[PDB]
A.B. asks: 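Pasting a structure here, questions to come.
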Amino acid sequence: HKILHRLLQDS
Amino acid sequence: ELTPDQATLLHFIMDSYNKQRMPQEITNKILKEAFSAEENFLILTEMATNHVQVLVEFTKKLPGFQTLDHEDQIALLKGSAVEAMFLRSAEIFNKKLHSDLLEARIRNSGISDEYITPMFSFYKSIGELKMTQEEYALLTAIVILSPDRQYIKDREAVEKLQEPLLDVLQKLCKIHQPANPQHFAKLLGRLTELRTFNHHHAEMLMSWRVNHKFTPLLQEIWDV
Ligand SMILES: O=c1[nH]c(-c2ccc(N3[C@@H]4CC[C@H]3C[C@@H](OCc3c(-c5c(Cl)cccc5Cl)noc3C3CC3)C4)cc2F)no1
């Protein structure tokens, strides 16, 4: 579940 | 009797929810491309992974979602994405303005007939409710912030984030529709119906899997 955490907390 | 706090919480969610835009080069593929089963599966995959990008970029904007357990906030999307894709597709299929083409592509994309019937039964059922865009937007946010999700540790913490949305939606049902006090009860009944679809959706994937290629993002939510 890397991309969801990556796509979260983005400017 | 709505408050200015609720009115500004509705305003944020709506403009967070109206920002959804299907990219032009996908939406025009629905008509321009052929209706082969493999091509139908290809387009449906792109729309799914795109709406998931849309979905994360509407959920992180939900007030207080970022202020939660990293592992539990991930678990919400895992268990709410399928139901929020059903709710967003149900809105487009019952909107009065290409819906008919996408339906034909879904019906001819390799899905077993056991899952087609409930799917469009639900779409029809949702249509008879004649929901506003405010109800679709609030319902999507309510669906995501669910306290009884699986693999959830702080269930009581989620309750604090959901209850206000339910409070707002309940007022709207009493305000805009006094000629029907069951509208709010029937709205909440669709969340119950979505659970059935959410849980026997991995079987729909299974049949699709034992035959194809999913995107990494779609593999990352549906456990493939
Ligand atoms: O602004 C906008 N938004 C849209 C718009 C938004 C969402 C959708 N559907 C498409 C794409 C996302 C969502 C649900 C459905 O997803 C395809 C889909 C589904 C599915 C279905 Cl088969 C029914 C209900 C729920 C799900 Cl998960 N299950 O798998 C897929 C992909 C893998 C093949 C079809 C279709 C749209 F046209 N259009 O304009």
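Letters A, B, ... label the chains, following the sequence lines from first to last. Just so it is clear, chain A uses the PDB entry numbers, and the residues here are 630-640, in order. The numbering of chain B matches the PDB entry: 244-340, 344-457, 459-471, in order. Remember, it's 1-based here, ligands and their atoms both numbered in the order they're listed.
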A.B. asks: Just wondering, what drug is modeled at ligand 1?
C.D. replies: linafexor
A.B. asks: Find the chain with the greatest contact count to linafexor (ligand 1) and give its name in UniProt.
C.D. replies: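 It is bound most extensively to Bile acid receptor.
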A.B. asks: Write down the other chains that contact linafexor (ligand 1) with heavy atoms under 4.0 Å.
C.D. replies: B
A.B. asks: Find the residues of chain B UniProt lists as binding chenodeoxycholate whose heavy atoms come closer than 4.0 Å to linafexor (ligand 1).
C.D. replies: B:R331, B:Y369, B:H447
A.B. asks: Which UniProt domain of chain B holds most of the residues in contact with linafexor (ligand 1)?
C.D. replies: NR LBD
A.B. asks: Okay, next thing: residues with a heavy atom within 4.0 Å of linafexor (ligand 1) - which are they?
C.D. replies: B:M265, B:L287, B:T288, B:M290, B:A291, B:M328, B:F329, B:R331, B:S332, B:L348, B:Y369, B:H447, B:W454, B:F461, B:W469
